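Presented below is the structure to which this report refers.
Sequence lines set the chain letters: A, B, ... in the order given, protein chains first and strands last, and positions in each chain run from 1. Heavy atoms only: backbone and side chains are in, while hydrogens, waters and symmetry mates are out. All ligand and atom numbering here is 1-based and tracks the order in the structure.
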Amino acid sequence: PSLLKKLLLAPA
Amino acid sequence: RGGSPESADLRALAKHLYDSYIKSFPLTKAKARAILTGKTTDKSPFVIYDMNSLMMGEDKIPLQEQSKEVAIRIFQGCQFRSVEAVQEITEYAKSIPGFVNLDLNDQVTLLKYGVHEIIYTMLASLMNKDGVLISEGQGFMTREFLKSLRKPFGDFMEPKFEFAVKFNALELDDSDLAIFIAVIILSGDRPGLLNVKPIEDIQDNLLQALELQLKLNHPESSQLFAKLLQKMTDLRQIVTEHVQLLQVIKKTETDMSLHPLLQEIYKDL
Ligand SMILES: CN(CCOc1ccc(C[C@@H]2SC(=O)NC2=O)cc1)c1ccccn1
């Protein structure tokens, strides 16, 4: 999940 | 059910999705079709129809490019646009009610599978039979010129063009596409999902919002919804080509080096 996870977590 | 509060709520969902879509995706279909058919008063896209015009338009507005051959330089740009796309789709997905409250790994999985089908879907907005709009409508690359590119690059887009031609015939607008796109992301049958039932629950709600949207927005096309559900399977089938063509960077294309994010979306799929 690494990079997609990171995108999914970033409030934005 | 006809005109009940539940149907009013399905419209509210539709409008919410459409607003999130406006916000997630800078160039919309309405804006893309205006350029494609030469309706705008103010637009002027740069046309790339051959190698020379490519030399000219390449720098629309550094050491990313290096001294690489044209077909590779082009697909380096294709890789970036598609990373922008994945990021916008991810943001859009997060605006779908219920999405952020799903298990995070299921979110991942849904995006991992959904993102390619959504790229195909949204790319059609940017395509006619002649070429595709790029760099938010600032450029147009002809189908013919992309075919002229050396193997395997010269036939990447061609399948995307064929899908677009048939999907565009359905004449969906951006408000129809917002719901359709959401339906695709909340697919309860992706491999590896942990909790399938809460995903199917959001989708069923979305499918109903979709059905109502198409009756209200496309009153003369009684089978539209049935046709859309069919394009959903089509999409699953077309995207495997795409997935495989990006594994060509295993080798050959020893000078490709795939973007880290695209690598993640491709492997174990
Ligand atoms: C020709 N173009 C866009 C081509 O149109 C696309 C076709 C396929 C994709 C999917 C991506 S490409 C990849 O590597 N993996 C993906 O998911 C994304 C875009 C260019 C070229 C240069 C600059 C901007 N635009």
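- The molecule at ligand 1, chosen from rosiglitazone, ipratropium, atovaquone, is rosiglitazone.
- The macromolecule with the greatest number of heavy-atom pairs within 4.5 Å of rosiglitazone is, in UniProt, named Peroxisome proliferator-activated receptor gamma.
- The other chains with any non-hydrogen atom less than 4.0 Å from rosiglitazone are B.
- In this structure, residues within 4.0 Å of rosiglitazone (heavy atoms) are B/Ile74, B/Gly77, B/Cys78, B/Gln79, B/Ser82, B/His116, B/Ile119, B/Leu123, B/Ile134, B/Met157, B/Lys160, B/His242, B/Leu246, B/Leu262, B/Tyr266.
- With hydrogens left out, the protein atom closest to atom 21 (C) of rosiglitazone is B/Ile74 O, 3.6 Å, a heavy atom.
- Looking from atom 7 (C) of rosiglitazone to the surrounding protein, the closest heavy atom is B/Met157 CE, 2.8 Å.
- Which parts of rosiglitazone touch B/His116 is read off a 4.0 Å heavy-atom cut-off, strictly below it: atoms 17 (O).
- The protein heavy atom nearest to atom 13 (C) of rosiglitazone is B/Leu246 CD2, 3.4 Å.
- Checked against UniProt, the rosiglitazone-binding residues of chain B with a heavy atom under 4.0 Å from rosiglitazone turn out to be: B/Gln79, B/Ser82, B/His116, B/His242, B/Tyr266.
- The protein non-hydrogen atom at the shortest distance from atom 25 (N) of rosiglitazone is B/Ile134 CG2, 3.5 Å.
- Taking atom 19 (C) of rosiglitazone as the reference point, the nearest protein heavy-atom neighbour is B/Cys78 SG, 3.6 Å.
- For rosiglitazone, the UniProt domain of chain B with the most contacting residues is NR LBD.
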Would you mind listing each N/O atom of rosiglitazone next to any protein N/O under 3.5 Å, plus the distance?
unit_1        : atom_1 : unit_2   : atom_2 : d
rosiglitazone : 15 (N) : B/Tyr266 : OH     : 2.9
rosiglitazone : 17 (O) : B/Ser82  : OG     : 3.1
rosiglitazone : 17 (O) : B/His242 : NE2    : 3.0
rosiglitazone : 17 (O) : B/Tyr266 : OH     : 3.1

